Amino acid sequence: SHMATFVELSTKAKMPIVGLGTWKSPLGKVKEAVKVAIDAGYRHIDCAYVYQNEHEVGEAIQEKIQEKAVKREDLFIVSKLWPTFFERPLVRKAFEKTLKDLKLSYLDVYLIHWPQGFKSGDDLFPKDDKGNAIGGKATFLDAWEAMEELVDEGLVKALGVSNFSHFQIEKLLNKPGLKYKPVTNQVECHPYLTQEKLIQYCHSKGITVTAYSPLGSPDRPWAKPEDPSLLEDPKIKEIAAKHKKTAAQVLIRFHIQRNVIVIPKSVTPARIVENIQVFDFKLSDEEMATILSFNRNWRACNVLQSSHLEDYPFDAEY
Ligand SMILES: NC(=O)c1ccc[n+]([C@@H]2O[C@H](COP(=O)([O-])OP(=O)(O)OC[C@H]3O[C@@H](n4cnc5c(N)ncnc54)[C@H](OP(=O)(O)O)[C@@H]3O)[C@@H](O)[C@H]2O)c1
Ligand SMILES: O=C(O)Cc1nn(Cc2nc3cc(C(F)(F)F)ccc3s2)c(=O)c2ccccc12
Ligand code: NA
């Protein structure tokens, strides 16, 4: 039995510092993955409408609660609002489908998945005659206002953002009539993209950071052979070998020691367990400084041609 350390949010709620990622977790395999995770002691599950497996995640959670392996109050479930649903009636609807699929009566955190709004419709990635993203009318500011109502009604404990630059967070924080603040900013983070300035900014505002693709997302479709590879990095493995841990475990522990929440994905039971056995060792300061020095500003998660739309986040330095 394992328990991830808690990171305290500005709402005083306690967010487990390690969680289970579920993107690319196939139907069939994801339900068992969630169950294994829960038995191992995971309490934080990272989900999303756009991952299209929330119902199987729902099945697993429901079955675990019923068989009394875990209570709802101790689970920490996060999901996200996809950019094609920023318009107010759509925000409520998408949230309702997410909540239904997950068989929950409330979410612990509901995130804006990406800052840029997309054209509404029966289409997740609307594009033009080329492959250019088509933007929508409603902005993340519009969306947030609708999301704030979910909090007012007790349907969501807290709100957050994902893939936001500090400029975009500045925009949200200075928004007139702001009712709720983001408790986290979920962004790609790993030794090739250390996010030093964005983490500094977020923490200075009482906003935690959730590190996604911490293993370099080797199963991302668009991966290309020349693309860097964290898990195969010999310097990483070298440090791993020293602590009698795997490369993955070092890549997870890295975030823990920056007080950054981290959500590695796996559907392999052995790996799921391995990924949470990271509270029995420490990386030295020298090791941390070394790992930080690997920064290459390389984004594994940057495949969509969307730099023309107004709220594209990665043009900003941070
Ligand atoms: N925009 C966003 O908000 C956003 C974007 C990307 C990701 N995320 C979230 O963050 C999660 C993690 O990111 P990601 O899924 O891109 O990638 P990731 O966690 O960096 O890497 C997942 C890959 O690593 C493998 N793996 C897992 N544990 C391992 C271990 N101990 N040793 C070796 N290989 C291991 C997995 O294999 P198996 O499954 O075959 O074991 C899988 O192929 C996502 O699932 C999602 O929840 C959010
Ligand atoms: O979404 C995940 O969790 C993983 C994720 N990432 N990406 C890369 C993306 N790049 C974006 C850029 C914008 C932008 F805001 F920049 F316009 C908006 C939306 C996206 S999706 C995908 O293309 C994708 C496809 C299916 C399922 C998940 C994903
Ligand atoms: Na990492």
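Positions are given from 1 along the sequence. When a ligand or atom number is given, it counts from 1 through the structure's own listing order.
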(request) Name the drug or drug candidate found at ligand 2. (result) zopolrestat
(message) I'm curious which chain is the main partner for zopolrestat (ligand 2) in this model - what does UniProt call it?
(response)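 The chief chain, as UniProt names it, is Aldo-keto reductase family 1 member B10.
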(request) Find all residues with any heavy atom less than 4.0 Å from an atom of zopolrestat (ligand 2). (result) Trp23, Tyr51, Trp82, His113, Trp114, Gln116, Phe118, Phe125, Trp222, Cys301, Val303, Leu304, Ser306, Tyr312, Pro313
(request) Using a strict cut-off of 4.0 Å, indicate which atoms of zopolrestat (ligand 2) neighbour a heavy atom of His113. (result) 1 (O), 2 (C), 3 (O)
(message) Taking 4.0 angstrom as the limit and counting only heavy atoms of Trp82, give me the atoms of zopolrestat (ligand 2) inside it, by number and element.
(response)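 Atoms satisfying the 4.0 Å criterion: 1 (O), 19 (C), 21 (S).
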(request) Please could you name the atoms of zopolrestat (ligand 2) that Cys301 approaches to less than 4.0 Å, counting only its heavy atoms? (result) 6 (N)
(message) With respect to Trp114, determine whether any N or O atom, backbone or side chain, lies less than 3.5 Å from an N or O atom of zopolrestat (ligand 2).
(response)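 Yes: some nitrogen or oxygen of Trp114 is under 3.5 Å from one in zopolrestat (ligand 2).
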(message) To check your reading of the model: name the closest protein heavy atom to atom 25 (C) of zopolrestat (ligand 2), its residue, and the distance in Å.
(response) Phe125 CZ, 3.2 Å
(request) Using a strict cut-off of 4.0 Å, indicate which atoms of zopolrestat (ligand 2) neighbour a heavy atom of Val303. (result)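 With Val303 as reference, the close atoms of zopolrestat (ligand 2) come out as 8 (C), 23 (O).
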(request) List every atom of zopolrestat (ligand 2) that sits less than 4.0 Å from any heavy atom of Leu304, numbering the atoms from 1 in the order shown and giving each element. (result) 10 (N), 11 (C), 12 (C), 19 (C), 20 (C)
(request) Report the nearest protein non-hydrogen atom to atom 17 (F) of zopolrestat (ligand 2): residue, atom name, distance rounded to 0.1 Å. (result) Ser306 OG, 3.1 Å
(request) Using a strict 4.0 Å cut-off to heavy atoms of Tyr51, name the atoms of zopolrestat (ligand 2) that fall inside it. (result)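 Numbered from 1, zopolrestat (ligand 2) contributes 2 (C), 3 (O).
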(message) What's the covalent partner of zopolrestat (ligand 2) here, residue and atom?
(response)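 The model shows no covalent bond.
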(message) Students should be able to answer this: which protein heavy-atom is nearest to atom 15 (F) of zopolrestat (ligand 2), and at what distance?
(response)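 Result: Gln116 CB, 3.4 Å.
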(message) If I apply the N/O under 3.5 Å rule, does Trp222 come out as touching zopolrestat (ligand 2)?
(response) no
(request) Tell me which other ligands or ions sit under 4.0 Å from zopolrestat (ligand 2). (result)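 Looking at distances below 4.0 Å, I see ligand 1 (NADP nicotinamide-adenine-dinucleotide phosphate).
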(request) Please indicate whether any nitrogen or oxygen in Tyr312 is less than 3.5 Å from any nitrogen or oxygen in zopolrestat (ligand 2). (result) no
(message) Hey, could you check which of the UniProt active-site residues of chain A sits nearest zopolrestat (ligand 2)? Heavy-atom distance to 1 Å would be great.
(response)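 Nearest UniProt active-site residue in chain A (heavy-atom): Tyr51, 3 Å.
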(message) Quick check, please: with a 4.0 Å heavy-atom cut-off, which UniProt NADP(+)-binding residues in chain A are near zopolrestat (ligand 2)?
(response) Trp23
(message) Quick check, please: with a 4.0 Å heavy-atom cut-off, which UniProt substrate-binding residues in chain A are near zopolrestat (ligand 2)?
(response)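 The UniProt substrate-binding residues passing the heavy-atom test: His113.
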(message) Return the closest protein heavy atom for atom 29 (C) of zopolrestat (ligand 2) as residue, atom name and distance.
(response)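 Nearest neighbour among protein heavy atoms for atom 29 (C) of zopolrestat (ligand 2), to 0.1 Å: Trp23 CZ2, 3.5 Å.
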